[PDB]
Asker: 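Before we start, here is the structure in question, set down as structure tokens.
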Amino acid sequence: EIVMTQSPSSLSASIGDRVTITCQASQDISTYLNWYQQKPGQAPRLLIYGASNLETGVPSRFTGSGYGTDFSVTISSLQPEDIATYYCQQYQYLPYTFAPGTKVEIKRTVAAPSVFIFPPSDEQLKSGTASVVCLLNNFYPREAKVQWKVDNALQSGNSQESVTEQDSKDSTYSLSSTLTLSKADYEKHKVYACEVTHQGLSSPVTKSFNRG
Amino acid sequence: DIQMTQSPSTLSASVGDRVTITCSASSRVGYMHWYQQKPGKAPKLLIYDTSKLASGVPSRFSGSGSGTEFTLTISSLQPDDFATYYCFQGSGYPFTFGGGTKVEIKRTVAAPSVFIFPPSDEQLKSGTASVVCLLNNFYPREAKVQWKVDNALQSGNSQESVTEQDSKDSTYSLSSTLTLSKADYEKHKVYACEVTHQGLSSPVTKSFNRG
Amino acid sequence: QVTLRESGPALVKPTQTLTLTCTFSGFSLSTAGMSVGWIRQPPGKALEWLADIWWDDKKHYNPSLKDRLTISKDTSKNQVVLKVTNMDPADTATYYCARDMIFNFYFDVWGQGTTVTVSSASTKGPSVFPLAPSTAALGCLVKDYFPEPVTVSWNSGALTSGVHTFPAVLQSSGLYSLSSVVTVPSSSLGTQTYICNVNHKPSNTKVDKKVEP
Amino acid sequence: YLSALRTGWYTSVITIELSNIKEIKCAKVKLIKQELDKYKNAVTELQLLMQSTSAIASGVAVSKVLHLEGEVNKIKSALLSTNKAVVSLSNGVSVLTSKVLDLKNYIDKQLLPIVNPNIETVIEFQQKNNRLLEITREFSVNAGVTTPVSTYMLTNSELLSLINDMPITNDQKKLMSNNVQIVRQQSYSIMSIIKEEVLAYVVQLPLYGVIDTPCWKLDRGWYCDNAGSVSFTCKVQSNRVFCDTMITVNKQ
Amino acid sequence: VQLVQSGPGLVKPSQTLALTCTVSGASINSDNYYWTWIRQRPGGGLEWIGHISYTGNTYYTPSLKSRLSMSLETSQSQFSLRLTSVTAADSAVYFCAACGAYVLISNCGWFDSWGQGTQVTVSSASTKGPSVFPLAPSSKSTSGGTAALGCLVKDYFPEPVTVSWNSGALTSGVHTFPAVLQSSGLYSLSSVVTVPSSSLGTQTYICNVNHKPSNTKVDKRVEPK
């Protein structure tokens, strides 16, 4: 079995920049290597076969190079459709061994999230519980601080955030803070607020609804 | 390595005389080759592979031999054969050549023609003067040129250049160049060139007057 | 047929590198079995093998010149380059190149040869002076040039019979000077033009001089 | 009569770097895919011949060391920038390896753009591929071992590059070069393996250790001197006597 | 060449796994095709399970040399994967792969035809149907000319859940968030879509929830107020 080493572990460059991912190998693999694109949620996508040859349908900006134990793939211009995880795979010695992989992100301008809050549906309150979903759509960068305030009381442990991978269309993220409570505790309060602290905001914004 | 010993070092024979060169080697050598170099020209392949004869050379030349001894035999010598012949080996590194046999033609004693040339006006306008005494077509090579400026012998200011043997008549040419300054030229009167050759029973003298 | 011609500086300044190139036509070095050698000859001494290259880029040198020799081929140009570093007063020689084949270990076809003289010296020009006649003889005279040789001819190479070219002789001041006479009929004087052509390529000067009594 | 008797065997590995082919389905291209099917039909005939497992004993020994894993990687990487390499195998013996053809470069450099076409490019390919069609055609009938070594097994220009690099004497290189057709008649080409984009076969050239010794014909056999003794058909040519260790028509 | 899988999403421990993969666009007896199985660990990279050649020769990775058993059902043009006595370490996404070729002088290592991947989770716990509650749009979920609206997928096990809007008609401006493991042992996620605020009350917006591990398909309509 062959130990595959890839470098770096994660990078981030602007659009149209030049990226070069090297793939370090254990022993000599000659001209046998495969690069794969894997966008999150999708299966692996073949890009480079045989170190330097290109797969049919791959854009004209992916270059392969290297023989033996030192290999490298290059992107002529980093595009929004290239945000994925890239691995290198050998196939001379059995078994076939993959690499850790490299996550590729894109540096863009500062984007501020749009705050939309939803009240718990009436269909959920029948079951005896309630959930308030706070949405932060299309923002960059990824760092965000969300903290609920129920009747001006900080709530912790009952809130659950969820961040998506960086979008492939505009290089923006999305956060969904779900605050779970019970029907008994829900009907005992009136104000439900979602405080949002992001870099692209001169002051924290909060979208709050009543009637609870 | 492989060292070559070529004999004779210098041989003289008449036109049509059989001449054989013997070229021995140190260690055992398979093939032996031969070359001819005219004066000034690049060498020319005569005999290749011990016995075979190269193209562009008459059958007058022949070779034989093997192992550590080789011979190059000329059937009848010719005046156009005047050259320095070598024996070359290609059986081992480094590639080595022979010693160098310079052959001279045996020739009837030829009496030379003596000339004399005063310095030109272009040289006198530069500050130097050179009187050249010409010898042409003689045999053998032995000849003595003694300059005489006003019945006085000269030495140290005369230089002699000899032409190689001709390939048509096997004769020689000499040019004694007496070198002096412009002041020492307009100081004397006559300038003679005494030449003594084996073909001349008495030394002929060629002279002139300054201006 | 096969042709070879050397090319390089005729005068070297001591210890400076000497780049010599031998161009060939009539054959391609890339053809298997082909080779190109180098042979020099110091004045007064015999021949001496230097180096050679082969189509497979296999090189063989002479242990007499171990450190300085360096040969390299050029199939794309039909030439062979040879570099000789650290030149020395003893390395004055007439350098020849030649073709060699593995089928017969020798040099069959040869080149004209270039003269490289090893001296701390200043390049000189041609000093030509006539030799008027007074059968009569005439000629020309050369002085203080560098270095040997210089090709001489009469009437653009038309006058050949009876033409002699004396070898150059060094003088006490340490330069070069020779003579070149030609025997002509006495009746032709005054009616036929006689001009000795001198072309000192090491100094790049073309001098023609008319000979008249 | 002179001599030229064999004393040993010069072993060597000849490689022809092949190229892997991926999906290729896409007038001038009509003849491309036809000479492409011959390349497919020829490389598969070599692998099926390889499926089957004492004069050339010293040569075949190398063919069973190449079967070892990673040994092909030693050779395939040795001939990276050139066509001549010497490699110390697992046995510690250094064998000479020459990369005759480079089909790995010609296919990935010139056929990837068109398939994945000028009529001038189609011409030269049929010649580069025809040699493989012939080397396979010869290996398929003689059962892996062919003799003499033909032009396709090793061309005139490539046998000389081998004899020149042969660690032998100087004049013998001049002897064998002038009698190359005799050297071929006393040689052996041995198909070895096909894997890892390499076609390698072991070529066995004769080693002449006894030259220029007296010999005489006519007890119906030959007699050649050998270290004070005399030995015993021999392929004669002109004055040279070629033989190995175990109507006197025309007149000249 | 196209590949489609079929396997269990939940598999109780210490039992053999029944994966399958159908081949289309090329017959299963095609020349130079090595049908390969590859799984991908969560958070990490891929792992080569092994392939089964078109001839029938199978090569399994030395770590799983005794637990694998790949098949070739030529009459249905498909090949399957079987892993014996699964544990909690085998939980991963299993991808179906193949290696097309033309001339093979080395190994078949390239993979152009892949599969969607079977999220296989191995645990002694049982499945659970998801809870779909809509996130209705309102005057607070608006911002100028647009209006956010979605539906919450709550209380389900195990992964994954397929969310579709208008049966694939609406695919722009849709963001499905990663699953969140709640207080109990049940996952949950929210799927919100951005839509112009002038089109609400005039077009039908129904979110489709599909949970294969428990055999469930829910259709919940979202609407303002």
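Every chain is numbered from 1 and lettered A, B, ... according to where its sequence line falls, protein lines coming before strand lines. Looks like X-ray crystallography, 4.1 Å, at least that's what the header says. Note: hydrogens, waters and symmetry copies are ignored here, and every other heavy atom, side chains too, is used.
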Asker: I keep wondering what the drug at chains B and C is called.
Answerer: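 Its PDB name is motavizumab.
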Asker: Could you tell me the main partner of motavizumab here, using whatever name UniProt has for it?
Answerer: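 Main partner, per contacts: Fusion glycoprotein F0.
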Asker: Could you check which other chains have heavy atoms less than 4.5 Å from motavizumab?
Answerer: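 Within the heavy-atom cut-off of 4.5 Å: D.
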Asker: Which one of the chains of motavizumab has the most heavy-atom pairs with chain D when the cut-off is 4.5 Å?
Answerer: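 Counting heavy atoms only, it is chain C.
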Asker: Name chain B as the PDB entry does.
Answerer: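 The PDB entry says Motavizumab Fab Light Chain.
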